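Below, chain A is the first sequence line, B the second, and so on; all start at residue 1. Method of determination (from the header): X-ray crystallography, 2.8 Å. Atom set for the values below is all heavy atoms of this structure, side chains included, hydrogens, waters and symmetry mates excluded. Ligands are counted one by one from 1 in listed order, and the atoms in each one are counted from 1 as well.
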4 protein chains.
Amino acid sequence: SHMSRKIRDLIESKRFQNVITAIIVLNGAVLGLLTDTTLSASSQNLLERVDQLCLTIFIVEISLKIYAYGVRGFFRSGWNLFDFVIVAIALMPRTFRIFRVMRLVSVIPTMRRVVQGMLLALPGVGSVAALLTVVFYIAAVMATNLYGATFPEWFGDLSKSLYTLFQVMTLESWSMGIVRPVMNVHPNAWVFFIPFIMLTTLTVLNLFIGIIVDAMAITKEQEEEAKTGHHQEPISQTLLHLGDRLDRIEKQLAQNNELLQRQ
Amino acid sequence: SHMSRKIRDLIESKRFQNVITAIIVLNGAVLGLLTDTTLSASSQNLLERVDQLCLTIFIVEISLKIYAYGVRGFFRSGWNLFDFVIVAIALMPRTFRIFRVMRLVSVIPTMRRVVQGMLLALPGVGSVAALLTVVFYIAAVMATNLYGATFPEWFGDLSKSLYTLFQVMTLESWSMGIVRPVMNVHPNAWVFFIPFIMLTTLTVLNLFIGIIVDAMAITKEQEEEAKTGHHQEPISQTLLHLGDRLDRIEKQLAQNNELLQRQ
Amino acid sequence: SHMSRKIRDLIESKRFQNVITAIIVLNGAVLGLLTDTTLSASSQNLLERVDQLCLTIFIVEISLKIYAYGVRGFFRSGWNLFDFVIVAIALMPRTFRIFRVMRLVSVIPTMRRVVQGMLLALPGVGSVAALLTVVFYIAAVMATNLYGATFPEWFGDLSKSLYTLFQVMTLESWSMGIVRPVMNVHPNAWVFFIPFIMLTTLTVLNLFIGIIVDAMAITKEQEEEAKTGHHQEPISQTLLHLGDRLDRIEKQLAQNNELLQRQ
Amino acid sequence: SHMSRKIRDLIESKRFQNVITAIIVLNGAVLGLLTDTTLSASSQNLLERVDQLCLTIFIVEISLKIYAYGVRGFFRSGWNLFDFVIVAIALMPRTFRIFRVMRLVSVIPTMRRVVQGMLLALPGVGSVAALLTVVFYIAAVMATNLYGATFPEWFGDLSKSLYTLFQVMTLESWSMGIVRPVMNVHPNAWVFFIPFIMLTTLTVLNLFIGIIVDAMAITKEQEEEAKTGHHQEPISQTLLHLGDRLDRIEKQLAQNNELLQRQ
Ligand SMILES: CC/C(=C(\c1ccccc1)c1ccc(OCCN(C)C)cc1)c1ccccc1
Ligand SMILES: CC/C(=C(\c1ccccc1)c1ccc(OCCN(C)C)cc1)c1ccccc1
Ligand SMILES: CC/C(=C(\c1ccccc1)c1ccc(OCCN(C)C)cc1)c1ccccc1
Ligand SMILES: CC/C(=C(\c1ccccc1)c1ccc(OCCN(C)C)cc1)c1ccccc1
Ligand SMILES: CCCCCCCCCC(=O)N(CCO)C[C@@H](O)[C@@H](O)[C@@H](O)[C@@H](O)CO
Ligand SMILES: CCCCCCCCCC(=O)N(CCO)C[C@@H](O)[C@@H](O)[C@@H](O)[C@@H](O)CO
Ligand SMILES: CCCCCCCCCC(=O)N(CCO)C[C@@H](O)[C@@H](O)[C@@H](O)[C@@H](O)CO
Ligand SMILES: CCCCCCCCCC(=O)N(CCO)C[C@@H](O)[C@@H](O)[C@@H](O)[C@@H](O)CO
Ligand code: NA
Ligand code: NA
Ligand code: NA
């Protein structure tokens, strides 16, 4: 309709996106000031008043979108479902008001395309995250049984062991703080710890390198799908078939010159 | 035979794989609860009873596979030999029961293909792991001779030195904890330590980047060999010959247009 | 003109570049000696005299360039504008004299091309640096509200929280030094900290891997643009179109052999 | 000659390489045992006797090579010049006997090809290592002037500052150990330190990623030059010209079909 077109063309404009962006920055700025313990009683009501003013602008913005696109059209996008929940949770009877700043990711398209590539990369590294989980669990059980009676603060139970093993994987005070003290009581503790470090830092790097490389390609390819309007063959698919394609055109040229030979 | 076909088609099904998967998760879960020092005497017999129930299911599962595939056919796979040893060791007269959870890697195909790529990548980095070993040995000998008489807790013998040099390579308390104390007695100790850190962190990164990049390619190529049923030319082989192949087709086209020129 | 050509051909020579290079190294060397608190009163006047001698050589060098290239021609380059400001600030009525050594980057072409590639790579990672900023701000606000009353030295205000969260992201004493003490008072603090570490170290790596890979390509391509004198298609553009280009030449060859078929 | 051919064909054999390899491992093993402070007086003469036995085998091995290849032919290789110096220094009137184990790199071909790729990669990263040097020098001068009077143990002079800044770059105790203490006296010290960390860890990663990627390609290409007997076009050269080459063959095919069109 006419009204469901003037409103939709306003929502898609960069001026509307900029206004909503400024309101999200204002909301985070006042929630930042609200961390000041030394504030006046009047300053707090004034800042929380600006928080309500921000939140009610988002309600008008979400309603504008639901009217302009429809219920099926608006809730079709996952980013719009996220936007809705962020705003709708503020009306549900909470130190997590600052999570409202996460809307900067969904409202700024370049930021939305960066996080999107990372989210789409996650399924690809599912097996590596599972492999790291298995290694942490087997290690936490072993550490609890081996060192829990002598080192209860660190390996007292499975939870204590999982936390310590995470600390050890991040290399934080692993030797001076954990393994050298454990070694005064258990001299061969390095046989557990050193291989654990080698195996976990390798797997974490594989997990991070994987997400980074896949998010880089997924983003680049979605950028090209947006530009050409058609499906982009993943770079690995092109790379796997590069040889196959190259030697097919060589055979076509040898057969091509065989026909020219008889002339 | 008929019976050696109904059984083999059950073993290959996703329902059988899921049941075995759930039994491996149950086994790890009860071994996890068995780390509770405050458990009842009855709770322990009950949990260890569930451990026997899990292990006897694996015995029936392994026997099903040896009947369905044969001794040569079953022990042909390296993953099946691993599965066998994990179960067979439990009957050999041991805090390493939790290692039974490693079966999640061999039973879940995606996980099996992740670890497989890493294992196949290891020979390629053999020279770098040897280079890092040589650097650690030469360094441990030097550190023992230089600092062992004044710093016996850290460089007292070769074993103490290897452990400290590993701690130093992981950058854990290397300066405040080891090198600043060593420097009060030996002012030029940084001439040993700083180059050691530079050389070892570079080589470890090379070792890890190597395993990660090769495991990524080996996996991608095995996935394509499974899909096409034929050998996949490694990406580096395609990359090395890309120029050679491209200019061969240029020469073929120049010769092709020379034949067309006379027409 | 004649004089505006003998001077410009001297400025572009490698002997002039080497002389200016040696004067920049001399300037840094005397500013290095000037950090000696135990120096003589005469040694300081002697060293600062060498500093004036260095700076006045740069004034003659900049003036030579402004005469040889013109005001529009000299200030057209961004590296020349930088050179000018470094020298002109020394005449403006300052422990930042050592920043004069940054001129080694602008005067040595290989160094200038390394920093240039990094600067040109920065816009590409703008969204990731913004994403890391958003995560740090949301986290600093949450940390101030959660732990500021019980841990005022570390999370007392937003500034204290931002600094501690940066320390935690660099993994420096994050557990033994910050999170284990916070956990005696707040047992579930690891629910905030562990996900914060996972999310920030991933994003920082993405930011650094991005700058490094883009600077590597931008440099390689600018080197080729200098060699060929024409625009170089970015590697990603070539990679995205590799499939498209390869199958277009296959169709051209199938159509080519269809014409030869009728002969 | 006949004798200068039986000897050269022995030197190139894998049995001779294996024997020399075992003697290098024996030499390192006895130098390792010689770090035992609790040894007998007789054990030391016995071990040092094995050291002379090892070293005299290397003298016969080097002489065999100089006779078989000639002075110009033997000293033509850089690896042979290294081998010579390692052995010849042992006869020059020294805790650096363990450096004799470095011969394992030059005698084992796969190890020799790994280190060679790294050495050939170093010139390519010369500008980045210079950039990191400039950043460390400018930073050391600033730190000495800013914090040397209040923190003399860490920033007392330029040498103390360079060591502390290296510790800070490796993130070792940078905050709890150095910057939080510096901040009690100088509240804005984080303005120096935090940007220094960001800039140096980025540049070190660039330096290491560069050496690793170039050593990986240089090795792969030298392996292919050994296999084909001809110069291998660097992968980046192939990548830069991939577009140029692909569209040249498209134009050749359009011109090719124009000739077929008139038939
Ligand atoms: C170009 C996008 C992509 C993808 C992808 C394709 C479709 C949907 C989502 C992601 C990808 C990710 C993982 C994967 O395999 C996991 C095991 N591997 C270790 C083999 C195979 C392909 C990818 C990214 C970078 C390089 C190569 C592929
Ligand atoms: C595609 C798989 C592969 C392999 C590979 C081939 C057959 C069996 C197993 C592994 C590889 C690994 C190492 C190698 O050379 C070691 C020295 N180099 C430093 C040259 C050469 C090739 C490889 C993986 C990623 C990139 C390039 C090659
Ligand atoms: C070859 C130079 C280049 C560039 C570049 C092009 C023009 C000017 C400046 C930089 C680049 C950088 C970022 C970018 O997209 C950001 C999101 N991405 C995650 C998709 C797309 C292209 C680039 C560098 C390395 C690999 C790929 C591209
Ligand atoms: C394939 C070997 C090679 C080389 C190389 C060529 C000849 C002799 C020695 C090394 C290389 C190294 C550095 C370089 O440029 C430095 C600036 N760059 C940032 C542009 C350009 C080429 C190289 C290695 C990996 C990828 C690309 C090139
Ligand atoms: C992928 C890695 C996943 C790591 C998971 C960590 C779980 C941590 C649970 C836990 O330990 N606690 C929360 C339950 O209350 C108790 C803590 O308060 C704390 O006291 C202990 O963690 C320390 O004493 C152990 O060294
Ligand atoms: C690739 C890296 C390989 C590192 C290999 C480490 C070997 C460690 C052997 C060892 O040191 N001990 C086990 C033998 O009993 C003794 C320990 O119990 C402990 O006391 C000492 O390690 C410390 O005192 C040294 O700072
Ligand atoms: C991208 C990351 C950006 C991090 C930004 C850090 C801002 C730090 C500002 C600040 O904290 N101070 C400067 C203002 O004077 C005060 C300091 O002097 C110091 O005392 C405190 O930082 C500590 O007490 C906190 O643990
Ligand atoms: C690329 C990075 C290059 C770093 C270069 C480090 C030079 C270190 C020289 C030096 O400091 N000393 C050797 C000269 O004798 C003195 C030491 O013995 C020691 O006491 C001091 O380093 C500490 O007090 C400083 O915190
Ligand atoms: Na660290
Ligand atoms: Na520490
Ligand atoms: Na650390």
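- The drug name recorded for ligand 4 is tamoxifen.
- In this complex, the main macromolecule engaging tamoxifen (ligand 4), as named in the PDB entry, is Ion transport protein.
- For tamoxifen (ligand 4), the other chains with a heavy atom below 4.0 Å are labelled C, D.
- Site of tamoxifen (ligand 4) with heavy atoms closer than 4.0 Å: C:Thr219, C:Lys220, C:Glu223, D:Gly124, D:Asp214, D:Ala217, D:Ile218, D:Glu221, D:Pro234, D:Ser236.
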